[PDB]
Structure formats: structure tokens, C-alpha cells
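Structure of dexamethasone in complex with Ancestral Glucocorticoid Receptor2.
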Amino acid sequence: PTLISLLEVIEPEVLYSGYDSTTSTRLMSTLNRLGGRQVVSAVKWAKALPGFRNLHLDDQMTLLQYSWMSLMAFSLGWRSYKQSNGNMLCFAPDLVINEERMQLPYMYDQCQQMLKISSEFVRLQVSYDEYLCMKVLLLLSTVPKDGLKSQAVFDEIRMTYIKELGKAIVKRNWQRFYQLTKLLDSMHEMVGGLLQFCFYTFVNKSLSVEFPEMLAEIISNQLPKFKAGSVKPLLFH
Amino acid sequence: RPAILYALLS
Ligand SMILES: C[C@H](CCC(=O)NCCC[N+](C)(C)CCCS(=O)(=O)[O-])[C@H]1CC[C@H]2[C@@H]3[C@H](O)C[C@@H]4C[C@H](O)CC[C@]4(C)[C@H]3C[C@H](O)[C@]12C
Ligand SMILES: C[C@@H]1C[C@H]2[C@@H]3CCC4=CC(=O)C=C[C@]4(C)[C@@]3(F)[C@@H](O)C[C@]2(C)[C@@]1(O)C(=O)CO
């Protein structure tokens, strides 16, 4: 039973937004609603990561808390790549963001950078096995500045998943590896933008943007810790 | 500290 095929089976299928595509604020207040469920599904995916359950409770709370946006963003890139060849933002099959709702206020800004991730997938022609393998890493790419409460366990699991990207790349070695680790690095760079934009809409209550209790709790915790800056991303460069 | 997230892994 092959790891890479096993990844293929657990990867979440895409949620629908179930949206009435007939306002700059509903549009955001929908995406958060959706997002909350995605995070649910990404947690079930998390539990069903080989070796993930190896990690200690806190660390799991943490890795998810820290990389959650990242994974969400990454996969949105994948969708937008496979679905419109980089052309629109595809959140769910019903909710496609074209150039018309990009002109929706507030909104141009954050969405360029969601398309820029996808742009990376375009330029690089990433295969599916590759995608899966990297995403596993994003989960293990964002960690506290002050160690991890199972640092040895981690380092092993993280390595496992790299050797795994090795196999995945070989299937399609070692001039290409560079490029993708440069992309795995530049995620923390580009996600850090969305996370900000996220915290804005969150605490500036006078924008009447809604986030489901799921997202609510994770952000309200994750917010102060990230604001001071207790977070070091594991890079390759 | 996040309630739902927790009850997931616990
Ligand atoms: C990526 C490089 C180069 C070696 C390699 O093997 N790279 C692929 C070549 C081409 N193929 C993939 C097709 C292999 C063909 C052989 S085949 O088996 O397919 O016949 C890999 C291979 C072995 C790796 C070290 C060890 O891991 C352990 C340790 C992990 C730590 O975190 C950081 C330090 C250290 C020493 C690692 C550094 C680096 O990360 C190395 C040199
Ligand atoms: C610009 C930020 C980044 C946005 C997120 C980008 C990543 C993402 C992918 C999805 O497919 C579903 C929801 C999310 C997780 C998201 F789209 C929404 O939840 C809204 C979001 C946080 C944001 O729009 C807000 O902070 C608005 O509240």
C-alpha cells in the first residue's frame, strides 16, 4: 500500500460554498464560512496523515493553527490552476472569481496574491503527486520560534515527507528539486500577506464580516502570538 | 486556546 497513493486517497474533496451568486462583504463573509468547513476537512485529513498522529497533541494543535492558512491557500492555487489554467480564482465549483468581481471593492488586493500562488503552479507544471507531497510539508513548515514539544519526532516525519517529494519528482530529480523548495519557502512569504488581511477583517468589527466559530477560535488564539512574532518558518534557503 | 480544533484531535 503505497504512501503516495495513500495520500491520494485521503486528500479532501472540494466543498461547495452553496452560494447565491445573485456584495464585497457577503463575498468575504461567504469565503470565511466556507473556509471554516475546509479547515474541518483539513483536520480530518490531518489526523489521517501517516505519522501526524505520532506528534504530540499540542504540536498538532500548533502545526494546524500555524499552517492552516497556508494549506488553504496552496490548495486554492491548485484548483485555480487545474480548473482555469491560472485564469480565475476557484474556491468551490460554484464560486469562481473572475475579473468582474475582482473589481469589487477592497478586494483586488488580496486576490492578486491568491492568483500569484496559482501562477507558480502554472510556471512550474506541478503534477498531482508533487502537490500532495508539498502540501504535507506546508503543514510542517510553520513552527514556533521557541522549539517544538516533540522536536525529534517532527524532524523525522518532515524528512520522510521530503524523501517522498523526491520520489514524486522522480516520477515526472535534482535540478527541479531546487525550484520547488524555493516555492515551498516563498509560501510563508505570500501567505503572511493574507493572514494579515485576515486579522484585519477579523478585529475591525465595524466591517460586519462573519467568521464561523471554527475560524473564530483559531484566529483569536493565533492572532496575538503571530502579532508579536513568535513564529519561524522552516526554509530551504 | 481554540476549543473546536482541540475536541477534534481529542
Ligand atoms: C538531496 C540530497 C542528495 C542525495 C540524493 O540522493 N538526492 C537525490 C538524487 C537523485 N535521486 C533522487 C534519483 C536518487 C537516486 C538514488 S536511487 O536510490 O534512486 O537509486 C540528500 C541525500 C541524502 C541527504 C542527507 C541525509 O538524507 C540525511 C540528513 C538530513 C538532514 O535533514 C539534513 C542533512 C542530511 C545529511 C541530508 C542532506 C541532503 O538532504 C542529502 C545529501
Ligand atoms: C484575504 C483573506 C484570505 C481569505 C482566505 C484565502 C484562502 C481560502 C481559501 C478558500 O478556498 C476558502 C477560504 C479561505 C480560507 C479564504 F478565502 C477566506 O476564508 C477569506 C480570507 C480569510 C480573507 O478574504 C479574509 O480575511 C476575509 O475575511
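Chain letters: A, B, ..., in sequence-line order. Per the PDB entry, chain A residues shown: 530-551, 555-704, 711-775, in order. To match the PDB entry, the residue numbers of chain B are left as they are there, and the shown ones run 17-26. One-based numbering, in listed order, for ligands and for the atoms of each.
Location of dexamethasone, all copies: ligand 2. Using a 4.0 Å cut-off on heavy atoms, the other chains next to dexamethasone (ligand 2) are A. Neighbouring residues of dexamethasone (ligand 2) under 4.0 Å (non-hydrogen atoms) are A:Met560, A:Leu563, A:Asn564, A:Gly567, A:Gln570, A:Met601, A:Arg611, A:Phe623, A:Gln642, A:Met646, A:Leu732, A:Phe735, A:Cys736, A:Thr739, A:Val747, A:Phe749. In this structure, no other ligands or ions lie under 4.0 Å from dexamethasone (ligand 2).
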